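Note: chain IDs run A, B, ... matching the order in which the sequence lines appear. Chain A is numbered as in the PDB entry, which gives 393-506, 630-775 for the residues shown. Shown for chain B, in order and in the PDB entry numbering: 393-512, 624-773. Chain C is numbered as in the PDB entry; the shown residues are, in order, 393-512, 624-773. Since chain D takes its numbers from the PDB entry, the residues it shows come out as 393-506, 630-775. Excluded from the calculations below are hydrogen atoms, water molecules and symmetry mates; all remaining heavy atoms, backbone and side chain alike, are included. For this deposited structure, the header notes the method as electron microscopy, 3.0 Å. Just follow the structure's listing: the first ligand is 1, and inside any ligand the first atom is 1.
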Amino acid sequence: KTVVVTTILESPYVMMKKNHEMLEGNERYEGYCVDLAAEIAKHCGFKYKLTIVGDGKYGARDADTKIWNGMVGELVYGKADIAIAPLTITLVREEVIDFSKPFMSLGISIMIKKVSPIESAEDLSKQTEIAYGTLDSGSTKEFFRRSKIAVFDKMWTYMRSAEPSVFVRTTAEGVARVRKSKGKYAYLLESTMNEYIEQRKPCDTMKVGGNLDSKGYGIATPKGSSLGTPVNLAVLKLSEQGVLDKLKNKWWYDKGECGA
Amino acid sequence: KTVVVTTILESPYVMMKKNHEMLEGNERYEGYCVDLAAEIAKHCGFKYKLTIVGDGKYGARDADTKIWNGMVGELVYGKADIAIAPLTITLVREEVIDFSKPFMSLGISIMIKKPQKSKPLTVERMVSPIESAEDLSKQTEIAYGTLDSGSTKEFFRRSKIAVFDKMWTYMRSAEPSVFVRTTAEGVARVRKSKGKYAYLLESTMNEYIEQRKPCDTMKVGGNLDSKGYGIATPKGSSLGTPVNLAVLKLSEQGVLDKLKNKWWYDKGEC
Amino acid sequence: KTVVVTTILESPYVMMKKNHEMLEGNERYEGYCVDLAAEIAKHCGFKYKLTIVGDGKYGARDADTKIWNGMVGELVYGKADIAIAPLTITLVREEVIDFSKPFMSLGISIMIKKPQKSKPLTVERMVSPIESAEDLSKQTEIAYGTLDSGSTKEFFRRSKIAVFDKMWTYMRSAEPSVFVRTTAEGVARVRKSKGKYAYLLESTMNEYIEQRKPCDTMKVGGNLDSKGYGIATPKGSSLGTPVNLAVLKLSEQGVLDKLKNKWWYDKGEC
Amino acid sequence: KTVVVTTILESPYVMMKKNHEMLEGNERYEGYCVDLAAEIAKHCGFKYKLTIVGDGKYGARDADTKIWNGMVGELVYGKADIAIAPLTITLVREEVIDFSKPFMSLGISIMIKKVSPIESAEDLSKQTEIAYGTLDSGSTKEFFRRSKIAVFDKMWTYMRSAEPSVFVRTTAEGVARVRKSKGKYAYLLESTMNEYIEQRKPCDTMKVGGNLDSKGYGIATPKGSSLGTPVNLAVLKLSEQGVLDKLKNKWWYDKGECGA
Ligand SMILES: NS(=O)(=O)c1cc2c(cc1Cl)N[C@H]([C@H]1C[C@H]3C=C[C@@H]1C3)NS2(=O)=O
Ligand SMILES: NS(=O)(=O)c1cc2c(cc1Cl)N[C@H]([C@H]1C[C@H]3C=C[C@@H]1C3)NS2(=O)=O
Ligand SMILES: NS(=O)(=O)c1cc2c(cc1Cl)N[C@H]([C@H]1C[C@H]3C=C[C@@H]1C3)NS2(=O)=O
Ligand SMILES: NS(=O)(=O)c1cc2c(cc1Cl)N[C@H]([C@H]1C[C@H]3C=C[C@@H]1C3)NS2(=O)=O
Ligand SMILES: N[C@@H](CCC(=O)O)C(=O)O
Ligand SMILES: N[C@@H](CCC(=O)O)C(=O)O
Ligand SMILES: N[C@@H](CCC(=O)O)C(=O)O
Ligand SMILES: N[C@@H](CCC(=O)O)C(=O)O
């Protein structure tokens, strides 16, 4: 029995190869998440098929309709049996799906065009001259919405009541917006994504300040599934054996097509 | 029903208060784990009583006897119900108990005595004989050891990386023993060895000791691996899900990093 | 019974909200004084409705008619119950109304246009033609004036100090008039006069405007006197003691300091 | 009828004249408060007699006794009719006596022996290497005891549970302790007192940082007394005519027996 895997087109997690016209099956994908899924399948011993979620959504809740979208919605409604993807472990998501142990630590970071005048997020919130936003239907926007710390509340009130729409559909779109804003737009995204972008050409973006908080990516399964314990054990074994270190080094530092 | 909270005596996690002679109950202890458990109880309502393992071991399965010792050992057989303590999540431990999401990350670091400032225009420079782990393994003049019945020793035992394999090969055949019974004993060995000993401990305790007086020790290199501390709970128990959700709520709310900052950097004596 | 709170339209005390074309009631205004009124109502359980004086005057006495105008004027004749506004405590006002203890201090300062950088080793320096009130009184080229129907104008009118007496004699016989109907109008005069006008206003408004865009003005010298802002209440009213005790409680707690910090130093730029 | 005035021996408010063994009445006292009392009496029109409170205390509340000591106790129990002295205006004191409009502003200040390692009070609270304390039966210890801001609570807990007693009987004794502690002891006192001490010989002490808050000195009067309104109007008139400024200049910025 094959296992349907839902992923999202994200670099360096899932890339759609470069010469994929003649490729079929799982061989048309590449990235950290593809290798992680291969190792998970090898450890557990099942045959899997990689699939891209129809909507490029990580997972959220719509306007008071109690319907999950994206990869979380794909898992909840039985469309997929596992989600190997950069899916943040959050309280709201844990109540509907099971998360394994985190395989990669991360945090919220600020990305701007290439001493910065803002640096820390407090100066970013205090100064309204520059604009900042997040990725829609994600986990950073949900972090800012449900936050209670005053600086996060004022940041969220800025972003929600902003003209025009400060949110972006895809992190690539937000990166392009930051690059084309001539240093007038700031991006709030995951630290790993910011590092990967800043270590790649044309190297016109960079990360400022520290990390607002710390989270992690987990491998998600439908609630009450029979694969949660095997994937948890496989993730623990891979972390102990240094496979995750090797994969991160391969997909984040080994290429490094930038001078730094 | 009053459940017990088994915990280890480690700083700044749990330690006896200055006036701990006359108080009783949970008021005797202070640190990060005590108010972490207080927050856990505040979120999900349950009464708890702090307990300390007699042997003072974090947990490891003994060889040829198949008897788990330490905190994990007494948690498996039922003499405890939950362990709010710096217990490292490992595959060997997960096979017998249920862990929660890590409430704080950590790594394995190297602790050495801080050398004196180099005299040579009129600038002072800090030069250390060990800068990573590979050179520490290569050299011989500086000895290094781990903590007995800990996660670091277990990690080095089954490691397949060449550097860590060679480190374990050196450590097992060492005379006199380089292993210590407590992290306090390892820190004392580092401070009294005049640079002839290096301690391998978790990065959190390493930084905490580095920030406190007499601050004669420094940490070299990066983190050997990336791990975390999870709240332990016996397999099949009903407390796993409430504690997991409480940890997630605390992480999302900002209590966790505030506690870490106020118990790791606010008292930056050195 | 719903009482009315009279207040002047002054920044950053009370200003109309950006989206004030659809809101109503207390939600139409924001600033320092609305927060002060909210804290006063939180201390003692009374319901309030903000009102704005029609003439927009702080309060004075019309000459040869012995009548009060402005906020104090309409407070004396029973058309308001409490004046939570930046109203200066003066002897002439104390004879008709009751003033609580000051909730923040202030002083009369001088405001002039900020001069450009002096190019002439390669260090820029700021040189101002006015450095105190004495030289401002002595010089003639730069004109100066106070706010109409305000506390500073009255202070200059009955002053016996030689410098202030000379300044008042110059002001009363100045053609064209140097007095202004609003603080904003005076700041506009300073900005548009190209350095040929100086504005005498309270240090709080001076600093607030100096710390806001386009910030082409600066404060010179020191405070000509020490004064305070008191909550005004009609004579023989039952609210005087509660509001006085509330101001004391807020000062002891520190709400006044945080309000000052978050409305004077957190909203500044340049 | 003469009016009994209660004062406290404090410089530069009430001093003892150099040649006073042969002087009777109010002629043996000098200072800011003596001049203030003289001007108040001149404005209102009564004759007054200055007296020193039997216990050199400003006034506080005993432990579970509901008894006022010091000048406040001298006012409540009918021993005195008015108190022209550096008495701070506080909520707990306004419930037993009436305070006029403040005639001099002030605030908490930190005093050290002459790099400024102590710097702001947050560094004072974070560091247990250096010691500090307040005056007993005053308005600063009461401010620290009833405070709710975290730094003030931790300073208060440190001072109350300290060995030996960090508090001092008289502010002069506290200044002497600071001068004789070789920089090992800090003093918390009023800004005006700190400035007067730092501008006088041997001027081996100095003020560091900014005022922690802002209070004022008021001329106290027993509750429901007929003198409240006259003294309030007199203080207002004196402030508007610059008499208070002249007196402060005379007693603070006119002698200056130190290089400054
Ligand atoms: N260096 S990293 O971000 O790629 C990274 C981060 C992490 C890893 C492994 C790696 Cl390689 N494993 C840990 C897991 C292992 C065991 C201990 C904590 C969890 C359970 N989570 S983590 O601390 O989020
Ligand atoms: N900055 S820190 O080490 O105190 C720290 C470390 C961690 C925190 C929270 C903090 Cl404050 N939460 C995460 C948890 C939150 C959710 C995502 C990963 C786990 C589940 N684990 S963590 O990555 O080990
Ligand atoms: N720092 S400030 O100008 O915002 C400020 C100024 C003042 C405050 C409180 C603050 Cl926060 N309280 C005092 C009051 C408290 C008691 C002593 C004097 C009056 C009654 N008045 S004040 O000296 O005018
Ligand atoms: N410069 S000073 O400390 O000598 C000083 C301080 C103050 C003075 C007068 C002087 Cl000279 N008067 C004011 C009072 C006058 C009227 C306005 C505020 C109160 C009522 N209080 S104050 O702001 O505490
Ligand atoms: N890592 C995030 C991406 C969305 C975001 O950037 O907020 C997630 O999985 O939800
Ligand atoms: N935290 C480790 C012990 C500390 C160490 O090994 O340095 C454990 O749970 O085993
Ligand atoms: N606060 C003053 C008005 C401001 C000014 O005169 O500058 C008053 O109540 O009269
Ligand atoms: N000015 C203070 C002195 C007491 C102290 O310094 O604590 C008072 O009148 O209470």
Checklist entry - In this entry, what is the main binding partner of ligand 1, named as in UniProt? => result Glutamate receptor 2
Checklist entry - What drug or investigational compound is present at ligand 1? => result cyclothiazide
Checklist entry - For cyclothiazide (ligand 1), which other chains have at least one heavy atom closer than 4.0 Å? => result A, B
Checklist entry - Which other-chain residues have at least one non-hydrogen atom less than 4.0 Å from cyclothiazide (ligand 1)? => result A:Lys493, A:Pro494, A:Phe495, A:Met496, A:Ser497, A:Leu751, A:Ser754, A:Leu759, A:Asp760, A:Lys763, B:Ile481, B:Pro494, B:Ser497, B:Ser729, B:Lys730, B:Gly731
Checklist entry - Which other ligands or ions, listed by number and name, are under 4.0 Å from cyclothiazide (ligand 1)? => result none
Checklist entry - For cyclothiazide (ligand 1), what covalent attachment (residue plus atom) does the entry record, if any? => result none
Checklist entry - According to the deposit information, what organism does chain A derive from? => result Rattus norvegicus
